[PDB]
Amino acid sequence: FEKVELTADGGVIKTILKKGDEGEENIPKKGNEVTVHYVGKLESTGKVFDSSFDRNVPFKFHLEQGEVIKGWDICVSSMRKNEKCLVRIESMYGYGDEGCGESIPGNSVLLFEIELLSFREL
Ligand SMILES: CO[C@H]1C[C@@H]2CC[C@@H](C)[C@@](O)(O2)C(=O)C(=O)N2CCCC[C@H]2C(=O)O[C@H]([C@H](C)C[C@@H]2CC[C@@H](O)[C@H](OC)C2)CC(=O)[C@H](C)/C=C(\C)[C@@H](O)[C@@H](OC)C(=O)[C@H](C)C[C@H](C)/C=C/C=C/C=C/1C
């Protein structure tokens, strides 16, 4: 499995589950609205905290605008259209010491599957 470090400290590590368009490297760019599916779980307890797959509602955000946690901007920036990946995001690139509400404690390593479906620009 194609497995790579997206930050030099190993804080964001991506394993490719299914290769996308690697032949033509069809990759989104900063500012593009991206459409993905995802599932997120805590590495510590294994608890799944969210799944757009189970909702069956694809998730949209603008890439590299700080709309999402840094490890996501870094991860999705590296994905080819139709790629499915597993990404491990250390707390510094996630929610840090604060965590996120009742579902994500402080100092949490996060594991997400992300599937890049589509992207667009105005
Ligand atoms: C119901 O489900 C939520 C998503 C939930 C929230 C809580 C968590 C556990 C989680 O379960 O997703 C989760 O799985 C998670 O950790 N995610 C979601 C998928 C992307 C990665 C991560 C994340 O960054 O969430 C994000 C995290 C929770 C908060 C941000 C982290 C980065 C930091 O820089 C931001 O500060 C600004 C805050 C939430 C989001 O991905 C969304 C889309 C973005 C916003 C809320 C903020 O960026 C915001 O600015 C204020 C905006 O500018 C936006 C686009 C305005 C529009 C109208 C709002 C859309 C809201 C959609 C929210 C929905 C689908």
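Residue numbers count from 1 along this sequence. For ligands, and for the atoms within them, numbers begin at 1 and follow the listed sequence.
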Partner of ligand 1 with most atom pairs under 4.5 Å, per the PDB entry: FK506-binding protein (FKBP)-type peptidyl-propyl isomerase
Drug name (ligand 1): rapamycin
Rapamycin: binding-site residues, heavy-atom cut-off 4.0 Å: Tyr38, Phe49, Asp50, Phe59, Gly66, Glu67, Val68, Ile69, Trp72, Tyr95, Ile104, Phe112
Atom 65 (C) of rapamycin touched by protein heavy atom at under 4.0 Å: yes
Majority-contact UniProt domain of chain A for rapamycin: PPIase FKBP-type
Any N or O of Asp50 closer than 3.5 Å to N or O of rapamycin: yes
Contact check: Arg55 vs rapamycin, nitrogen or oxygen atoms, below 3.5 angstrom: no
Sub-4.0 Å protein heavy atom next to atom 1 (C) of rapamycin: no
Min N/O separation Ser103 to rapamycin under 3.5 Å: no
Sub-4.0 Å atoms of rapamycin with respect to non-hydrogen atoms of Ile104: 9 (C)
Under-4.0 Å heavy-atom contact between protein and atom 9 (C) of rapamycin: yes
Contact bool for atom 33 (C) of rapamycin (protein heavy atom, d < 4.0 Å): yes
Which residue and heavy atom of the protein sit nearest atom 17 (N) of rapamycin, plus the separation: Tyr95 OH, 3.7 Å
Close N or O approach (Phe112, rapamycin; < 3.5 Å): no
Contact check: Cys100 vs rapamycin, nitrogen or oxygen atoms, below 3.5 angstrom: no
Closest protein heavy atom to atom 53 (O) of rapamycin, given as residue, atom name and distance to 0.1 Å: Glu67 CG, 4.1 Å
Distance flag for atom 47 (C) of rapamycin, protein heavy atom under 4.0 Å: yes
Identity and separation of the nearest protein heavy atom to atom 35 (C) of rapamycin: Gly66 O, 3.8 Å
Test item: protein heavy atom less than 4.0 Å from atom 55 (C) of rapamycin: yes
Protein contact for atom 20 (C) of rapamycin (heavy atom, distance under 4.0 Å): yes
Test item: protein heavy atom less than 4.0 Å from atom 60 (C) of rapamycin: no
Between rapamycin and the protein, tabulate every N or O atom pair separated by less than 3.5 Å, reporting distance only.
unit_1    : atom_1 : unit_2 : atom_2 : d
rapamycin : 11 (O) : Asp50  : OD2    : 2.7
rapamycin : 12 (O) : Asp50  : OD2    : 3.3
rapamycin : 14 (O) : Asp50  : OD2    : 3.4
rapamycin : 16 (O) : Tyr95  : OH     : 2.6
rapamycin : 24 (O) : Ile69  : N      : 2.9
rapamycin : 25 (O) : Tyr95  : OH     : 3.3
rapamycin : 34 (O) : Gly66  : O      : 2.8
rapamycin : 48 (O) : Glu67  : O      : 2.7

